[PDB]
Amino acid sequence: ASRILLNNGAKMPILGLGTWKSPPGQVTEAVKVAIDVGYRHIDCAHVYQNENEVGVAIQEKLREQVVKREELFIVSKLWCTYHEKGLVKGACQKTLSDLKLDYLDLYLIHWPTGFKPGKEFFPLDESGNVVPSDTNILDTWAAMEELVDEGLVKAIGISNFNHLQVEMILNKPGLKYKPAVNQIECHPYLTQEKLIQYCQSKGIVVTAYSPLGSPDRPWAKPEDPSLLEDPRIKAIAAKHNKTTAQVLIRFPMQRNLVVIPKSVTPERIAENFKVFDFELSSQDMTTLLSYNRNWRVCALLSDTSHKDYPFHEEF
Ligand SMILES: NC(=O)c1ccc[n+]([C@@H]2O[C@H](COP(=O)([O-])OP(=O)(O)OC[C@H]3O[C@@H](n4cnc5c(N)ncnc54)[C@H](OP(=O)(O)O)[C@@H]3O)[C@@H](O)[C@H]2O)c1
Ligand SMILES: NC(=O)[C@@H]1C[C@]2(NC(=O)NC2=O)c2cc(F)ccc2O1
């Protein structure tokens, strides 16, 4: 099936288009192509600095009647410098304005770490450390709950939350809405079995980010492992007459995950959508799971000192 049911009773497309690092001069055409070929979920964020250009694409395709607003599933995220109760609404509203939407289908707390508010996304002290916010995740969650009750967003969720942090929200006194989604890094080198099982056990849908191992990540190094070039994964793809990327996308789909590969290349945008026509075997799935090495693309390395830094815990 192409959509998964969320605990808010809305349906979410299991395949979306990622937009981190998509250049502003290329992302409007990328999102136009993606909607033309069938994508109905766009993953965005204010920190990516391209929401205006994403929005231009969405609005044109609504105008052209290629799609209806109800058929789209648009996702954005609250940056770390906006965890303050009094800043959350304006951050959401700026995203809405830029995307030229009147609601978001899903708004996520981007990280459990809150940072000092201000112009800088990574505010630093004179010694180079990121300056934190004294706001805690539970008060940030209540501010997200307000957004639902104001009609700005249909669902709220979290991202890069470890199992104890998810539990902290689930156990929040006075909890009004559970998180619908936990968006986390997930691919054959970081298979996340524990955190996924916990989230699914609670009714929280997991979205897999960097599913191709983010080969365009700014800090990539030639000696890092490469999913797209892994000959073991290439061999599974060849067996199935699909590309390696297509296997990497289908793999989380069969774990009941949502997945959000990024591309600004039209050919690849289309390739990446052609994953509803084949099935990996259970053996294939277990083999791909065996490649785990707890290798992370996104570990927020500039702020491992934060109280709420998520990746010291084992999961
Ligand atoms: N919540 C968070 O903290 C968080 C963190 C990281 C990512 N995310 C989200 O997850 C999305 C996906 O993760 P990501 O951007 O890190 O990386 P990714 O989707 O794993 O990999 C994107 C890279 O793969 C290339 N690529 C795409 N399709 C390909 C194909 N079929 N064959 C060969 N290469 C292909 C892209 O190139 P081209 O673009 O040149 O075609 C780009 O260089 C992000 O864009 C963002 O929306 C969220
Ligand atoms: N270093 C990290 O782990 C994160 C990753 C990350 N990419 C992403 O999609 N979400 C993120 O937060 C990102 C994006 C940025 F625009 C800037 C920094 C940045 O850092």
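We number chain A the same way the PDB entry does; the residues here are 1-315, in that order. Heavy atoms only: backbone and side chains are in, while hydrogens, waters and symmetry mates are out. Order of listing sets the numbers, starting from 1, for every ligand and every atom in it.
Notes: drug at ligand 2 recorded as fidarestat. In this structure the chain with most contacts to fidarestat (ligand 2) is the one the PDB entry names Aldose reductase. Defined by non-hydrogen atoms within 4.0 Å, the binding site of fidarestat (ligand 2) is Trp20, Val47, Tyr48, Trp79, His110, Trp111, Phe122, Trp219, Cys298, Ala299, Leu300.
Remark: fidarestat (ligand 2) and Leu300 share an N or O pair separated by less than 3.5 Å (distance only, no angle test). Rounded to 1 Å on heavy atoms, the UniProt active-site residue in chain A nearest fidarestat (ligand 2) is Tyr48, 3 Å. At the shortest separation from atom 16 (F) of fidarestat (ligand 2) among protein heavy atoms lies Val47 O, 3.2 Å.
UniProt lists residues of chain A as binding NADP(+); of these, a heavy atom within 4.0 Å of fidarestat (ligand 2) is found for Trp219. Checked against UniProt, the substrate-binding residues of chain A with a heavy atom under 4.0 Å from fidarestat (ligand 2) turn out to be: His110. Ranking protein heavy atoms by distance to atom 10 (N) of fidarestat (ligand 2), first place goes to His110 NE2, 2.8 Å. Residue contacts with fidarestat (ligand 2): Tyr48 is placed with a nitrogen or oxygen under 3.5 Å of a nitrogen or oxygen of the ligand (distance criterion only). In terms of N/O distances under 3.5 Å, fidarestat (ligand 2) is not approached by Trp219.
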